[PDB]
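The following structure: avelumab with Programmed cell death 1 ligand 1.
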Amino acid sequence: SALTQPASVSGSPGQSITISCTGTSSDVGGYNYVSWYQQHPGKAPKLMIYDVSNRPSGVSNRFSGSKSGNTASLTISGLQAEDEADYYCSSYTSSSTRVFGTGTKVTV
Amino acid sequence: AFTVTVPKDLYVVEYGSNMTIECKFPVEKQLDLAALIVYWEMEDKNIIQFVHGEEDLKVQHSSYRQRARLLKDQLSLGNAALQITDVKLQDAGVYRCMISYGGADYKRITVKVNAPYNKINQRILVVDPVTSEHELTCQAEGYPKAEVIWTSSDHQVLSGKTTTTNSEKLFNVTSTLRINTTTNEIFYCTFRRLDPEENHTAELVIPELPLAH
Amino acid sequence: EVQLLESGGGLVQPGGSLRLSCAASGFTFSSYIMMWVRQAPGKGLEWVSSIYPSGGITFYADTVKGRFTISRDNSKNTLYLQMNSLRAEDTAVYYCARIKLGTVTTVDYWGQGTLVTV
């Protein structure tokens, strides 16, 4: 049980980029609860968005999120070089459990 | 062995109504409310968190506020029941209740929601007075998706054109019929949908002086 | 304005015992669902254990069921994980995660971890 996040994506400043997160009819595709977490290596993972698109006060509008059918996507805009970090998605599941993604490493 | 028991593991509840959901837990002699803990959840969403006779309302979900309550009265009989009113559609899904009182167990239950299409809206207009081409229009709102069957006074089915679309997640169903007819000719649209098989049939009576658009 | 401090991890043999703690500073911790989540070095991150605020309802991931036990002192506002007969696959970083109010499963604040090596 894991969420598949393509490990290698990358791109240069002032640019948009979208990490993908795919999963079953039973978790990311069945529920509107999917959260995204940002962490630089060896540090303190930060909730960025939640409930598919919703982001808490204090995350730059440069971050939005999207779920299409079974597949969910986290988009970064006005891309900057601090944002190069391992990022994970996550979903609630029919087992009343949260699965997490393998993670993608974005690099500026 | 302390176990929680739900008298019904299903609920089919119509949009906007009210429902009580029930959980039962062993009680002997009198209930010590200091030691009782209840939790009500639906998927990723807490609903109630009842610790020590005081319902924690800072933490209840936004989408539930002033809608769903734990009935504090029945508890003394071992029955801790979630009362939601104005069933809002997005409540359809699997709940589960959790009781810690000396022991702990939880049982999950599910609820789905209908929305009959029983308020039908009619419009009758001429589009070509010479050819007497009229346009018969039924719409209505409900859940889940519906289909629309047009029938002549003599009980023959006729070809319509329909459009399904969303209102929140509710379904909005418009269907129109373009057929040459005259005054006092009656036609029908019946809305038929699946799930709890349901149907609602409207009568359209052509007026002497219909509008035009 | 919130801090979660894991302490207690280190090098222990396979089959040994370790007690992981989480010191909690922040909002009223007597109302939160709390969680442990593990990160194997370089690998994905998995959920191990849940505990409800009070009542002593707990949950454990299937790998971990029966040799890990979780607890919490709501006065001392901390959270513990007891690890017994650590298998070799149990060696990873351990995170202590607070569940956003309202949401059953969605963490929001995290601590920075503590190492466990089998």
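Alphabetical chain letters, starting from A, follow the order of the sequence lines given. Following the PDB entry, chain A residues are numbered 2-109, in order. Chain B uses the PDB entry numbers throughout; the residues present, in order, are 18-184, 188-233. Shown for chain C, in order and in the PDB entry numbering: 1-118. For the numbers below, each heavy atom of this structure counts, side chains included, while hydrogens, waters and symmetry mates do not.
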Problem - Mapping of avelumab to structure - result: chains A and C
Exercise for the section: Rank the chains of avelumab by heavy-atom pairs under 4.5 Å with chain B and report the first one. Expected result: chain C
Practice task
Name the UniProt domain of chain B that holds most residues touching avelumab.
Solution key: Ig-like V-type
Exercise for the section: List the epitope of avelumab on chain B, using heavy atoms under 4.5 Å. Expected result: B/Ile54, B/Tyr56, B/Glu58, B/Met59, B/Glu60, B/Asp61, B/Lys62, B/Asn63, B/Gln66, B/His69, B/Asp73, B/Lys75, B/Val76, B/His78, B/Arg113, B/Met115, B/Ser117, B/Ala121, B/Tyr123, B/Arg125
Handout entry: Paratope: avelumab vs chain B, non-hydrogen atoms under 4.5 Å
Key = A/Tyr32, A/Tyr34, A/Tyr93, A/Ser95, A/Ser97, A/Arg99, C/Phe27, C/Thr28, C/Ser31, C/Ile33, C/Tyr52, C/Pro53, C/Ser54, C/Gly55, C/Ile57, C/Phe59, C/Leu101, C/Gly102, C/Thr103, C/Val104, C/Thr105, C/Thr106
